[PDB]
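This chain uses plain numbering: 1 for the first residue, then up along the sequence. FYI, side chains are in, hydrogens and waters are out, and symmetry mates aren't considered; it's all heavy atoms of this structure. Per the header of the entry, the method used was X-ray crystallography, 2.3 Å. Counting starts at 1 for both ligands and their atoms, following the listed order.
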Amino acid sequence: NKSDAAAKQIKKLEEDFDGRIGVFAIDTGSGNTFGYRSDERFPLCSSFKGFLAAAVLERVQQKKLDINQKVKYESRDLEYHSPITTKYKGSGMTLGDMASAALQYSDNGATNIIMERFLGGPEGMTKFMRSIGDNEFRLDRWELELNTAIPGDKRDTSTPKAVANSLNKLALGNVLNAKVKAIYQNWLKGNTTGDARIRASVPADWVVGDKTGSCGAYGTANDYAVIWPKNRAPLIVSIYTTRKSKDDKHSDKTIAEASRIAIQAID
Ligand SMILES: *C(=O)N1C[C@H](NOS(=O)(=O)O)CC[C@H]1C(N)=O
Ligand SMILES: [Cl-]
Ligand SMILES: [Cl-]
């Protein structure tokens, strides 16, 4: 019945802002879980960039790539929203710096460059996810087109549960070795976009690593996080939303609230 109460609360919240909320949360210290719409599809938007950074680190770990190899792009027309790659166009960036920009600032140039040159495009990004046992995730298009968040479209979607399981595996599990996982965690912990989301749903002294997504259409926005509560084993929270209408804006406050509810549901 605690699951049932949390379900009623999410259902009401999603009705209050005329949209759809999907939630999965895991307490890693007990195995307890909470889901609502946990198997339904939601656009990933920028959130997939957190997995794209994990894929680079796996490549590094495998000695396929080097974390400090110079990535050069002096002639490229940077995609819109490339705040970090635009500052280093003249000089190039290290591969590790590039991947972390794609994660912590959602940098679109960084994303496109990495998929074109190191990850085998959207199909290769999908391949990596299948290789960690994620069967729901799919990326179909490149930046910026992956963001259209058309209702009923299944391109560039995943499920809250699968995203949560995958972040569990990547941030806490054993896909990455102890060394390279620490780096991923640090990247996550220093995300710059997430302050009004899962982060705002927890005490200021809990440590959080997250990655947000804001398609910019259909009120579509999301966040996933590892939370290290003080004196307790880590939580995983995954929150996805869509809204009914094209011009609807996303709601940071609904995400934060949905995370507050999900985190009490697994208390
Ligand atoms: C991510 O969805 N995008 C990059 C940028 N927003 O960063 S955030 O989503 O992490 O907050 C603008 C919108 C969107 C994109 N690819 O256009
Ligand atoms: Cl996923
Ligand atoms: Cl957040």
Which drug is recorded at ligand 1?
avibactam (bound form)
Tell me which chain touches avibactam (bound form, ligand 1) most, using the name in UniProt.
Beta-lactamase SME-1
Heavy-atom contacts of avibactam (bound form, ligand 1) within 4.0 Å:
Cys45, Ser46, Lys49, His81, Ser106, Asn108, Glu143, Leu144, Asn147, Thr193, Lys211, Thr212, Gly213, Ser214
At less than 4.0 angstrom from any non-hydrogen atom of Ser106, what atoms of avibactam (bound form, ligand 1) do you find?
4 (C), 7 (O), 8 (S), 10 (O)
Avibactam (bound form, ligand 1) vs UniProt beta-lactam-binding residues of chain A, heavy-atom distance under 4.0 Å:
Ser46, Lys49, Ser106, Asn108, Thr212
Avibactam (bound form, ligand 1) atoms in contact with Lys211 (distance to a heavy atom under 4.0 Å):
10 (O)
For avibactam (bound form, ligand 1), which atoms, with element, lie under 4.0 Å from some heavy atom of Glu143?
16 (N)
In chain A, which UniProt active-site residue has a heavy atom closest to any heavy atom of avibactam (bound form, ligand 1), and what is that minimum distance to 1 Å?
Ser46, 1 Å
Could you list the atoms of avibactam (bound form, ligand 1) found under 4.0 angstrom from a heavy atom of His81?
5 (C)
Using a 4.0 Å cutoff against the non-hydrogen atoms of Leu144, which atoms of avibactam (bound form, ligand 1) qualify?
17 (O)
How far is atom 2 (O) of avibactam (bound form, ligand 1) from its nearest protein heavy atom, and which residue and atom is that?
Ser46 OG, 2.2 Å
Which chain residue and atom does the covalent tether of avibactam (bound form, ligand 1) reach, if any?
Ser46 OG
Proximal avibactam (bound form, ligand 1) atoms for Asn147, defined as those under 4.0 Å from one of its heavy atoms
2 (O), 15 (C), 16 (N), 17 (O)
For avibactam (bound form, ligand 1), is there an N or O atom under 3.5 Å from any N or O atom of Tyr105?
no
Please write down residue, atom name and distance for the protein heavy atom closest to atom 13 (C) of avibactam (bound form, ligand 1).
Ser214 O, 3.1 Å
Counting each atom of avibactam (bound form, ligand 1) from 1 as listed, which ones have a heavy atom of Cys45 under 4.0 Å away?
2 (O)
